[PDB]
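Opening remarks: the structure here includes S-econazole.
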2 protein chains.
Amino acid sequence: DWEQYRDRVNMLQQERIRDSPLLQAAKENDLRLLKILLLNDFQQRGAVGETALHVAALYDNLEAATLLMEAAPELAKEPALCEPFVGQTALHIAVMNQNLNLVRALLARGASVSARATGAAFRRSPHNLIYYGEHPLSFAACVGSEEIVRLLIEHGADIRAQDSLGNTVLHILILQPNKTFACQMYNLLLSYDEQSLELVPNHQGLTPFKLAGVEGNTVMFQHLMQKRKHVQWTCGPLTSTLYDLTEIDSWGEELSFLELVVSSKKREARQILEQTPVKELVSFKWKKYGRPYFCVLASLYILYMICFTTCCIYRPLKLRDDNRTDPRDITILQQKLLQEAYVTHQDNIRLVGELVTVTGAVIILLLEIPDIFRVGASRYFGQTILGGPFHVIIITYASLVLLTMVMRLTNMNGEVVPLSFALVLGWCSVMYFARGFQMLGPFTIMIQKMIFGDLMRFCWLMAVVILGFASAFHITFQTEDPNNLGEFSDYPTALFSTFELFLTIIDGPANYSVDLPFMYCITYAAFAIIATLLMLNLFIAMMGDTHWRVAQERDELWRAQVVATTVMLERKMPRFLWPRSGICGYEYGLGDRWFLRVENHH
Amino acid sequence: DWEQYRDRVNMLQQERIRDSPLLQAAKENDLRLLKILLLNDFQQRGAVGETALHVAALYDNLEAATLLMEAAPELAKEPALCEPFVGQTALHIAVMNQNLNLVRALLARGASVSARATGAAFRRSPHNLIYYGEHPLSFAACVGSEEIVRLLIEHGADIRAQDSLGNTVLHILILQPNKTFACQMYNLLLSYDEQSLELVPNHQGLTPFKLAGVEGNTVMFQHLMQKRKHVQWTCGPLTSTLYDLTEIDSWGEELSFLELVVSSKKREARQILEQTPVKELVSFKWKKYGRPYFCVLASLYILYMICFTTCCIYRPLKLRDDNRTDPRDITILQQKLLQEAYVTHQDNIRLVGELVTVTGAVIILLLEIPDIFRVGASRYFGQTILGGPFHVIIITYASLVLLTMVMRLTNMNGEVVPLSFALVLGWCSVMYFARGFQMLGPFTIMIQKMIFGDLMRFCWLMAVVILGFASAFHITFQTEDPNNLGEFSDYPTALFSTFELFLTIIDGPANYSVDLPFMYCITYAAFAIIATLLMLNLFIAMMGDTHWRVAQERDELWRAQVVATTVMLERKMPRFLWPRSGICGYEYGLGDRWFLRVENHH
Ligand SMILES: CCCCC/C=C/C/C=C\CCCCCCCC(=O)O[C@H](COC(=O)CCCCCCCCCCCCCCC)COP(=O)([O-])OCC[N+](C)(C)C
Ligand SMILES: CCCCC/C=C/C/C=C\CCCCCCCC(=O)O[C@H](COC(=O)CCCCCCCCCCCCCCC)COP(=O)([O-])OCC[N+](C)(C)C
Ligand SMILES: CC(C)[C@@H](C)/C=C/[C@@H](C)[C@H]1CC[C@H]2C3=CC=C4C[C@@H](O)CC[C@]4(C)[C@H]3CC[C@]12C
Ligand SMILES: CC(C)[C@@H](C)/C=C/[C@@H](C)[C@H]1CC[C@H]2C3=CC=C4C[C@@H](O)CC[C@]4(C)[C@H]3CC[C@]12C
Ligand SMILES: CC(C)[C@@H](C)/C=C/[C@@H](C)[C@H]1CC[C@H]2C3=CC=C4C[C@@H](O)CC[C@]4(C)[C@H]3CC[C@]12C
Ligand SMILES: CC(C)[C@@H](C)/C=C/[C@@H](C)[C@H]1CC[C@H]2C3=CC=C4C[C@@H](O)CC[C@]4(C)[C@H]3CC[C@]12C
Ligand SMILES: Clc1ccc(CO[C@H](Cn2ccnc2)c2ccc(Cl)cc2Cl)cc1
Ligand SMILES: Clc1ccc(CO[C@H](Cn2ccnc2)c2ccc(Cl)cc2Cl)cc1
């Protein structure tokens, strides 16, 4: 494992510092022994290929570092060599320790401001506690030392240099927790760039502005918006401001900023949607175009489900040919074959409803399947905000309809099976449209968070109780006449009856005309106390507890689903139905850009 | 009782101080009368055998104490004599009152720094509000007077002296509430020890470090860890530290530190498991070895319960020989005798499943019974963290299986009884394995805390309602025909029907074809309002209230169960499956010790 390897790397490194007396002196700063050793090799190297000068820089020993550089000036130019620390210089270490004096002493001796720490200890991963990129300027920026940043720029550090992820220093500053100085650092670096560095993409294709959206950095987003707004006027308490939508609206731009925010895995990303130009833009798009078109699609989908349902109610059946010789058999009707299922006027009316049913199932796969490939399947079905569980059950409904079409054509018996599943999944997928309505939308998120949370834990322990008691009830009744109490007459019936008795959906079995086993009254008293009294009421109690705790996130998730719907509809619908949002600059002399005017009170 | 005796001791002591004028003057500090009495016995003794100098020290009277010591210097050497205060000197009292001047005046006169207050007022018990051990140094330490501690050490107080419990002054400092100075006192005492006193066991076998674990003293534990860590390096925001696991991991050491913490009765002990080297160690042990092996044992136990269940579903039965002459009799099948229960191929397949069933029941007792003797039965079955209620029901299942084996061998009728109990308890004991899974584990603690809490109180008052109403319903129906409403036809049926009606698991009795008693509709209206409407919904309401209050402790108990599982698995499994945790020091030149490297951000 990685942690065991990193640990061994750290232990070997400290051992080699103990073993080699020059490295031991570089750690301890005992200038007497260090003078004797350098008076008496200087290119000696620790376990990771680091020099004695890396050791002196790591332990923050300015004097030992000057002695080492006086005896061997070339050490200031040396990288570390082994896989965790490849390319790390003493300048990366001195910058990270903020030793401005040692940074000057290294730069005065030819330490390379363009050296890149490509080793695995520096990369962005859950393995590493920090990500400062690869260059000393990116370290000084994330460490927050403006005086070291200037000093490195004055020695010719390339401010537009890129990490192995393609990240510039501006991208790396968006990723830091220290947001209180990261914005001050961002201004310092833009002052030396003076194509703008704000427009350089990383290897994901993200500019710094798009990365602040994806990562949910609302502090850096609202800082970046200060150079993308113009105050038109202020009059007493009122201000009118004009925000530039160019990056927010991302017109004709691959994945758009608003797609990148709503499809981000980072739970902070949904907070960008509350920021002034974004909130007013997505609110405008929803109220003017999104809600009207979502109410149309919701209405058309309900009429399509009424059409499919009617084709199941009027499903073609005939009187069975085979006699009911078994007294326990109740089947009286049978499927019509294709050559007899389409004869009357009503059969031709149903053929139209069935062809509409199949046409909608094809159209569902034509809408769904391409979006799997754009978003990636793991995120497409995974993300609550995009509709992930509804994309599973709508593709499953469409598949069950097209399966049933093949069964109808090949005279296959058993259409009740895929039609019963398609009727349940088809109607339950109408809850996809609940996200458009403030009344239904937050509640449909509780249904989801209770299904994959409390209902899941409950069903695991409920299943253990049902297996114990269904077995005790079955063996209690094995010796008794099945005609007098049938609920436990075989193991599959005993399981189903015990499940229905748990949820109190079937009455406890009794027959006062006969003597039931005494072991049944004992077993059912224990069952009624564990299943019905304790666990079925403890389900209500733990749902009530989950409900009050989750109620805020439920609302934040609902307002993010309305934005994700708005972004989906605008992407997928014809552009003539979605006129470009905001104010066109060109007819006011503002050039090709488009704007959002926000008027506000203070 | 103890309190009545202590009270009488205190009253007699004050009476003897009132009665004897030297003790009265030693209490009042009236130097005139005290001079006259000492000018005019001085070995006079209060009810507990204390001298006039103990009285002067108790009332903090420095002047009277100097007058008494000037007239009778030997009083500084005297103990108290009666059972509550045996061996207490005026030096113990003066140290507890922090009278540094009186402590010097006593030590200057030969007061014994090694005297031990062995009386019952000083011992560790719920009877006593303080436990300072027995020696004046242990008093001065717990009282927190560094100047009195030095003064006693300078007069030759043995710092390694032990209380009647075997506790040294270091053990006693772990037991004090005053943790804000107890650590400063701990350093002061280690400075005079300079075998280390940190390694001396008490009569429980606990070193001071193990006692901080058992007592849940997280402040003294994290203080003791400062001399059991080494900082390897710091580089900007990151530090790497190397903790010595020698006492935490307790390799080959009887009860190990981690056993002593998880099996402690003190509800604070589980907080030690959140401390940096312990949390990272038990997290490592769980993720690398504990969770894999617990998922294997959980899977093997579920397959064993499927095997046992199948042996009950395929249980050997034949058509009854005796006729159903009673019209209320429904038994049609009967046990096969041993000599006819094993004839077909399917009976020999079932004999393998039955021998697997019996083999697992023996193995359960071979695993369970020795652990009773290590932990002690009162704690083994009592502790939630160790699995106490599951150890009861798994030993009960194994006993019911071995009972059923004897019944099968001795042709005994009634195997339905122990098999129905073994099927319920056997399957419900699968919830033991819920502690390995973050989804199921905290919820299984709510099931336990609701069973022994809210379900218990509810069942006591529910039973009182059921006895009232089952009796009213039975006597209402005694005069009526049993064939028209059978639910209350005898008292045992009336109790069971009333219990099922309370929980609404059987529908209220009605028969619209006949006139029921008017007293039934009255009694059932009152029953439906008290049982179903009020109490069954008040159960849900009080469980919801318990749920939100207990939800934090439920999570702390779950994370302590994961550690207790980790500690159990490592103890009971073969050592080749559990490679020794942490980093071996020897291959890095650190000697025989083993370490945990923790890398952290600030
Ligand atoms: C999110 C939560 C997910 C939880 C999922 C768990 C679901 C468990 C529910 C039930 C599964 C079993 C369905 C019926 C199978 C037996 C039908 C049958 O064929 O029975 C028997 C044969 O087999 C058996 O003896 C059953 C053996 C016991 C199996 C119990 C289930 C095992 C797996 C359960 C899951 C384990 C983990 C649970 C959680 C820890 C057929 O005999 P008979 O009854 O026809 O006649 C009576 C007997 N003569 C023929 C002699 C007259
Ligand atoms: C955690 C909570 C724990 C709570 C535990 C409490 C459980 C109480 C539940 C019930 C226990 C009694 C079970 C049935 C016994 C009668 C069967 C029988 O034999 O009845 C009778 C004989 O006796 C009786 O008259 C019963 C007398 C009343 C006893 C009531 C229970 C007493 C103890 C209850 C607990 C006290 C404390 C409660 C809480 C404060 C048999 O007459 P018969 O009915 O056949 O015919 C009808 C009558 N001829 C024969 C004339 C036709
Ligand atoms: C025998 C068939 C009918 C069984 C297996 C069918 C299961 C269906 C009814 C279950 C499977 C998953 C369930 C499910 C998945 C996820 C969600 C999203 C949530 O925000 C609203 C409820 C909803 C929509 C529910 C509805 C009911 C579903 C669709
Ligand atoms: C309690 C939780 C775990 C939920 C999910 C499980 C419920 C179980 C008990 C239910 C779900 C579907 C049920 C079920 C499906 C279909 C049949 C076929 C029928 O001819 C006999 C009953 C039988 C065999 C029952 C057995 C009990 C089952 C398997
Ligand atoms: C007639 C028989 C079948 C009656 C008496 C049997 C009672 C059983 C079902 C009861 C007795 C004590 C109960 C019990 C004890 C303690 C715990 C630990 C808790 O964390 C989970 C539930 C669990 C596991 C429950 C399950 C149900 C048990 C085991
Ligand atoms: C309400 C709480 C206190 C729970 C624990 C108690 C329930 C009582 C009412 C239940 C538990 C088991 C039941 C019970 C066990 C078995 C039998 C034998 C049967 O031939 C007649 C009913 C009879 C006699 C009933 C009477 C009512 C009992 C004793
Ligand atoms: Cl689960 C679910 C999901 C979506 C709707 C859509 O709900 C709206 C009505 N509504 C409800 C609340 N506020 C408005 C609706 C109903 C019927 C028809 Cl035909 C069209 C529409 Cl638009 C209803 C349930
Ligand atoms: Cl009450 C109870 C206790 C333990 C399990 C063990 O649950 C796991 C599944 N699980 C559940 C949650 N997260 C994972 C499991 C199921 C079946 C089999 Cl055969 C093996 C295993 Cl490991 C299930 C109920």
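Chain letters: A, B, ..., in sequence-line order. Note that chain A carries the PDB entry numbering, so the residues on display, from first to last, are 28-67, 71-224, 230-637. By the PDB entry numbering, chain B shows 28-67, 71-224, 230-637, in order. Shown: partial entry. Contacts: counted within the shown part. Note that ligands are numbered from 1 as they come in the structure, with each ligand's atoms numbered from 1 the same way. Recorded method is electron microscopy, 2.9 Å. Values below: every heavy atom of this structure, side chains too, minus hydrogens, waters and symmetry copies.
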Check: Which entities in the file belong to S-econazole, all copies counted?
Finding: ligands 7 and 8
Next item on the list: List the other chains with a heavy atom under 4.0 Å from S-econazole (ligand 8).
Entry: A, B
Next item on the list: State which residues lie within 4.0 Å of S-econazole (ligand 8), judged on heavy atoms.
Entry: A/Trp495, A/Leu496, A/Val499, B/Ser334, B/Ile337, B/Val465, B/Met466, B/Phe468, B/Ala469, B/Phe472, B/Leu475
Margin query: Could you walk through UniProt's transmembrane segments of chain B from the N terminus and tell me which have a heavy atom under 4.0 Å from S-econazole (ligand 8)?
Written below: 1, 4
Margin query: Quick one: what's the source organism for chain B in the PDB entry?
Written below: Oryctolagus cuniculus
